[PDB]
Peer 1: 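Drug: amsacrine | Macromolecule: DNA (20-mer).
Per chain, numbering begins at 1; letters A, B, ... match sequence-line order. Start at 1 and go down the list; that is how both ligands and their atoms are numbered. Basis for what follows: all heavy atoms, side chains included, without hydrogens, waters or symmetry-related copies.
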There are 2 protein chains.
Amino acid sequence: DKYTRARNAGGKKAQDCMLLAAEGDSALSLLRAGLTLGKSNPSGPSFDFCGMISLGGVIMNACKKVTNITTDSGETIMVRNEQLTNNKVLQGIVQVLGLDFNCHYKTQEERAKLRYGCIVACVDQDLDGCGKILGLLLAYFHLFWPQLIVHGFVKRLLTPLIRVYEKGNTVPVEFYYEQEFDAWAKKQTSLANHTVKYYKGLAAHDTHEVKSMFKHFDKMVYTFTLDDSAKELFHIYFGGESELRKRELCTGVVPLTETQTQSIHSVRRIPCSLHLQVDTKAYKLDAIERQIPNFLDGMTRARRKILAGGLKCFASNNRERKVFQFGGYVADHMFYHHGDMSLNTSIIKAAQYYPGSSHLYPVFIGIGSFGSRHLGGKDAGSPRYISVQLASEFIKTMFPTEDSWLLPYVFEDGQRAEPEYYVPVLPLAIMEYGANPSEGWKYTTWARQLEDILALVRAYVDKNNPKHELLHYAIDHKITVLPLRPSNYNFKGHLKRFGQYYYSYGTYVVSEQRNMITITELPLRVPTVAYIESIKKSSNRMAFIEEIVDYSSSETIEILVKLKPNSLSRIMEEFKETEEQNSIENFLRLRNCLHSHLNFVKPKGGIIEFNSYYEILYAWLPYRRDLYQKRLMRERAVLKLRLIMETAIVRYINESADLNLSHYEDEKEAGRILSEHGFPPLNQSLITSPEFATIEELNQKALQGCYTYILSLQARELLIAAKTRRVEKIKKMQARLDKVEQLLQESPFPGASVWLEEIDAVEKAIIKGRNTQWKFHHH
Amino acid sequence: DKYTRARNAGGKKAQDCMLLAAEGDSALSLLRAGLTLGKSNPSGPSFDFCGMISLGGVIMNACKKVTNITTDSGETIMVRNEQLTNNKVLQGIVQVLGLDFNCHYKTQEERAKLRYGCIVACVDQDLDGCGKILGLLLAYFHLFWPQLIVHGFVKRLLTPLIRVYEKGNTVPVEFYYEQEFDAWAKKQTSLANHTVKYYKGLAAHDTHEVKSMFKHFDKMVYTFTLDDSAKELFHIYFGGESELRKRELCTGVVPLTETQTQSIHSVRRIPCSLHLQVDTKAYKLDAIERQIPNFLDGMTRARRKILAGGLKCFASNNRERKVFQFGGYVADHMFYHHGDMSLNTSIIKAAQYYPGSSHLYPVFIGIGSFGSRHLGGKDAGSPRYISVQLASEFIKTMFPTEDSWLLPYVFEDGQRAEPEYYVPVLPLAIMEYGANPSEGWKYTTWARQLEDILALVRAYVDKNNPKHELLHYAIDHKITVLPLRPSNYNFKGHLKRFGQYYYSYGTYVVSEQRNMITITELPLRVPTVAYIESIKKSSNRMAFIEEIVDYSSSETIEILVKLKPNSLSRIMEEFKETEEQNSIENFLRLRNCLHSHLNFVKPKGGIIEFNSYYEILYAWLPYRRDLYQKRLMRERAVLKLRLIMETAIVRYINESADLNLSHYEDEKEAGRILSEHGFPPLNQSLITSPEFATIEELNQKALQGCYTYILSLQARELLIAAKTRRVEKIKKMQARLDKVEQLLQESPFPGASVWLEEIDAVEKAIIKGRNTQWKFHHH
DNA sequence: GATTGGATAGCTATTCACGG
DNA sequence: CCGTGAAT
DNA sequence: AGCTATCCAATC
Ligand SMILES: COc1cc(NS(C)(=O)=O)ccc1Nc1c2ccccc2nc2ccccc12
Ligand SMILES: COc1cc(NS(C)(=O)=O)ccc1Nc1c2ccccc2nc2ccccc12
Ligand SMILES: [Mg+2]
Ligand SMILES: [Mg+2]
Ligand SMILES: [Mg+2]
């Protein structure tokens, strides 16, 4: 309860006081600082007429918790959920404002009973603040007291996130959306004399800006208004039907026309339907993009940033670092503008490894406590006391280093960030476990057998496999010719397919001579403590058992169960036996069903729904093949340029004494003399280690050349051994060049043998990691 | 209430159950992993007879919170105050153990009533856990129930601190103290095949390691035993007399002899007196070292680390950074092995600036809110939302950049860290405000007037000042000839010296047409809120006042005292008007006394006590003088070496076409022919950038070198323009060399004029900072 | 009791889907 | 009712 | 994102 009352709140001047609701604590501090500006300006808000309160992060969604029931007289009353009534934030809001769940406030006399004139929401300009928190608050108010919105009881504090200043002019130009900002920027010829400022939340606007904004306080308050359509909109974005969200979120967001925003800014009334259509839709699309993995990479945006930052950090030396320090480094270098605790949790999850864990091939090696098979991995240590390091042996084979220069990249404010997506050697999307929800769709994936995947890919790329010709299709690409069965690496149970569903069964053994029943393997991905709690809550099963206990150490589980005398007969009697599941498995809940929700995010943004793992594999193959071809082409261009440069270098070295470079005056004279002598001008910085640059860029930049590759020659290279090593290197480049030229004309596509070798290397690395419990050089 | 009771604990097997008291959740996880072993370690501890509890706090010193009173029955009883009774950790411990404060437990019958047979402390091996926590626990038990310590009711878990593994062997060796490991390693012939591992606490250990520890569990439990001496020793370390700690902590810790440690490791019993004399004394000495400033530098260890880290970080660019990110950088790069919140608080305190603050000259510019005169500076923002940057001008003028290469340094694991101490141009120890306690001592300093300090230093250095001669002493250097008065920069009150004490007075005015009392200034360093609460607390003062009001701005003080009508008379009558302070000041408490406790830390460890600021200045002067001399000599030597190198380089570049280096085969042939031609062999890397080498190191490593400075020359240098620039550089270096030679011979000591120029520069920087409210290029 | 600095770490609730 | 990851 | 208590000393 962070309420800071107003002096006139609840008194005879209640109908002109204001209540400020802050998204978090930074907004609280900014509001307090602005309010405590008395005696410097008689005009402006102050604590005698304004309130102060905090919402505390995400607020609850009332539209799902409430349930509508009709009465005898046809009245429809909304019963509020037990959890809904016990929420502290909503209770505090309703107590401070003195709202009633029975009065409809249809008349001004009823509106006079509230303790404040109006409620003003102060939230950040980011997607989360404007779309989720404000949207949820609007949904709450619309659901319970729709009439309040009509009479302008709900207002918001609109603050820009972009400010462009021009030196010599004291007033800036403010943009509330990036679209209008960049449209204005591209409209102008040059902004080199200007300066742009972003505001990631209300943790900005230095005291000068705070004073300037609070001077014109009334110019920032915007009143929400209601229309007819908004009703059916509020049900779509916050109702209990996810099908409507699926249909709504399958398309993009249409921005507001100029007339609409002109009316909004001239009158300062915002229709809630427009707010839902723009801000909430944008937030939901961003949430989909953040919480659902890409079908090529298999990882979400946060995990991709983590991997890129880890590669950058541990490229120098693979030394352990604290999770907090590494997360801070990642947030600093990868431009992660969210809370650090979420990043640390994501790192910890990515580094975990145990039977049944989400990652079969984690990209990190964890030093410390990183969860266990029991407790579902939630028993991990704090990020301040555990360390992670790069599993370089597996990474350098799964994500080839030379292919990183060719992926499309994500640019923030003109700076490079983590790539848009990686293209692994083997399809990682269908090679690991995962399960989590998002807006509209849910994602769930059970890993496939490694041997089946290897056989399929080797058939596709081998050109010598007896099944290669039929894997390629001259009829259609829906037929299945090879099995893709669920993996059972760390699983001692069984997997059986019935109809269209795969079921996993744990294994047990029964010693009737003593009346003891012991289970030795639980089904796939079930925590032991959760399983024990589940088997204890069922009183029907609990009746037969005297006691159950465990002696599982850290990775192998066994439960021993002593049940009441002469209970087995009743066990078979009450619990039916079927070919899908026997009496004992039904009794002990040793059967699990593997449901798959193959919903991913396509490279160009958006969602995509698959029907089988074969579709994912067939979609992933062309990207990898094209990446191989592009890599080879750029490699050939680089070799040609490098050969030309090295031949010129050797030619200069041969006759360096004759030239007598010391005789000439300066750089330009020497360059002119060299050009007169026939030395070609190249781009040394673009050829010795080019860039993320592409091939046409390579040619264009190599067109304009300098003579720096001669002037930067150390005297040590002028000896004889250096020249001999240089010509040997030239021979090696020539051999590599004609080898890759031969590789280019290869069937079925260029670089098939390279793919085969990478497959073998990654298979060996995976085997080595499995042998040492995924702790390389630590066994 | 973290507590997992043992199965047998409660009164049936209470005599064999043991309770493990740990530090944090890391120890909890380690102990849980050890105890959960089953069917793989049958002879080992388990939850049948092992307790589990977390302290979850810090232990209060009970010896200071109790009162001993003798009743009429000739019995001395100890009554505990409210805070001791209400402490959560002690209450939990006494409830779990079921201790009685009336039973003396002198026999086995009363001891059997306890819920556990023994209590085992499981703390880290660092100074904190071993010293502070264990000493406080032992003090608690000895104060209340000595017989429990006598009968071995208290034990500790002794875990190895450092372990070295022999490659090819599965058994390492263990050391519990750093000195033992250091002695063994120095005595050991070679350790290339040996792998050392530090265990900072027990949060980091191998699974096989903990498996072995719980395989041999009783080998790591040591019982504490009492003796005759300890009865008084506790009173020295935890009693109410600080003089005993002053007399005890003024010397180093005497290590345990070989016979004592051999007996301890043989019988597994530890005398409590030895533990107090070693671990607690070491911890207290470390606390003194890290909580009291150095009299030369003027800052503590944490502040020195912060300053060095800021200098290293903001060198590339002065762009602002968030406080938490900068703290993470400092912790990473200078090996800060403590919590991040402490570092963030220290940085915030170092960057603060307001009237009456502790830092008249902050080493940081703070963007955001950093507190104000009211609330004493505790109203600053969160470290995640306020930015800091380096005050480049003041730092560069106060701590010269070159001198940083010549200070003694602190080494961690063979790597450099923050300097041992800094030697600023002006003595910063007596130009700031400070007040804080530490073990056995208190530090309190009131800043001196800048003008007096400048005059004193100049008279000591100018050699032309008419006061220079008698400032030096041919009779005795324990006399004062110049004033040293408290500074009044942001002070509009009065300062008056009476006897041996300075007093600060506020300023007040009176108006008789209402009898309005207006306070325009408070004494030095008193927050407004605390003063208001103090004036309200005393009944006899505000009983004559109805109201008090204050419209105080961010930097101004005004208090209006709405007091009773016709009241002045008994204010004069009651509150006595003395020559030291008038009745009105006595009635508003506007007089303060400036007490100074000048206790500092010597450069080579230890504490030192001064009697006046003149002593501090006199001690500080020779260090700066010697540093100036050493800097001048090192620069002279470096200049000579660089002149030789550049002359040789010029000669080569001049006659390079003659030798025709292309003819020779490899590096050795080129070196041989160069030596034959007479080019001297030097250490190019050292002379180009020594950065830490002493004056003798330059000479010793000059002759042993290579011919790298020739073979690393590029073609661009062979041109005429490069040679002309080189010869111009040679001329400039010669001019600087003979200028330095002139500076070397200079009365009274070398480099006096340099000191004068730097004094003028720092004075100008200070004035510029004062004029812009210590916000450079931000006004 | 209060007050100053530099050190000790672990809790506080939700949103989004779709099956148990 | 619970439970997953990524966010306030 | 914030919120939770104590140790040292000497004067108030
Ligand atoms: C409802 O969200 C919060 C409420 C409170 N206090 S209350 C009204 O329930 O008595 C405090 C914090 C939060 N929000 C939380 C977070 C917000 C931002 C970032 C991390 C957060 N982590 C939280 C963890 C547990 C509970 C609330 C958190
Ligand atoms: C659980 O919190 C604490 C645990 C300990 N454990 S131990 C054996 O090292 O003494 C010690 C102290 C705390 N409490 C802490 C705080 C309590 C109140 C207010 C602020 C606190 N700040 C802390 C900062 C770091 C560590 C513990 C703190
Ligand atoms: Mg935000
Ligand atoms: Mg510790
Ligand atoms: Mg910690």
Peer 1: Curious which chain letters or ligand numbers map to amsacrine here.
Peer 2: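 Copies included, the answer is ligands 1 and 2.
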Peer 1: Which other polymer chains sit within a heavy-atom distance below 4.0 Å of amsacrine (ligand 2)?
Peer 2: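 Within the heavy-atom cut-off of 4.0 Å: B, C, E.
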Peer 1: Between amsacrine (ligand 2) and B:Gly339, can you find any atom pair, the residue atom being a heavy atom, that is separated by under 4.0 Å?
Peer 2: no
Peer 1: Give the residue and atom name of whichever protein heavy atom lies nearest to atom 24 (C) of amsacrine (ligand 2), and the separation in Å to one decimal.
Peer 2: B:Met341 CG, 4.5 Å
Peer 1: Can you find a protein heavy atom under 4.0 Å from atom 5 (C) of amsacrine (ligand 2)?
Peer 2: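 So atom 5 (C) of amsacrine (ligand 2) has protein heavy-atom neighbours under 4.0 Å.
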Peer 1: Mind checking whether B:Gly24 has a heavy atom under 4.0 Å from amsacrine (ligand 2)?
Peer 2: no
Peer 1: Check each atom of amsacrine (ligand 2) against the heavy atoms of B:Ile133 and keep those under 4.0 Å away; list them by number with element.
Peer 2: 8 (C)
Peer 1: Heavy-atom distances under 4.0 Å are what count here, so tell me which part of B:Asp128 touches amsacrine (ligand 2): side chain, backbone, both or neither.
Peer 2: neither
Peer 1: Would you say atom 22 (N) of amsacrine (ligand 2) has a protein heavy atom nearer than 4.0 Å?
Peer 2: no
Peer 1: If you have a sec, work out which protein heavy atom is nearest atom 7 (S) of amsacrine (ligand 2) and how many Å separate them, to one decimal?
Peer 2: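 Scanning the protein heavy atoms, the shortest distance from atom 7 (S) of amsacrine (ligand 2) goes to B:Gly57 O, 3.1 Å.
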Peer 1: What residue and atom, counting heavy atoms only, is the protein's closest point to atom 8 (C) of amsacrine (ligand 2), and at what distance?
Peer 2: B:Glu23 O, 3.5 Å
Peer 1: State whether any protein heavy atom lies less than 4.0 Å from atom 15 (C) of amsacrine (ligand 2).
Peer 2: no
Peer 1: Does the entry name an organism for DNA chain C, and if so, which one?
Peer 2: African swine fever virus pig/Kenya/KEN-50/1950
Peer 1: What is the name of DNA chain E as given in the entry?
Peer 2: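 The PDB gives the name DNA (12-mer).
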Peer 1: If you take every non-hydrogen atom within 4.0 Å of amsacrine (ligand 2), which residues does that pick out?
Peer 2: B:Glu23, B:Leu55, B:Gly56, B:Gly57, B:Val58, B:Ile133, C:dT8, C:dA9, C:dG10, E:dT4, E:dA5
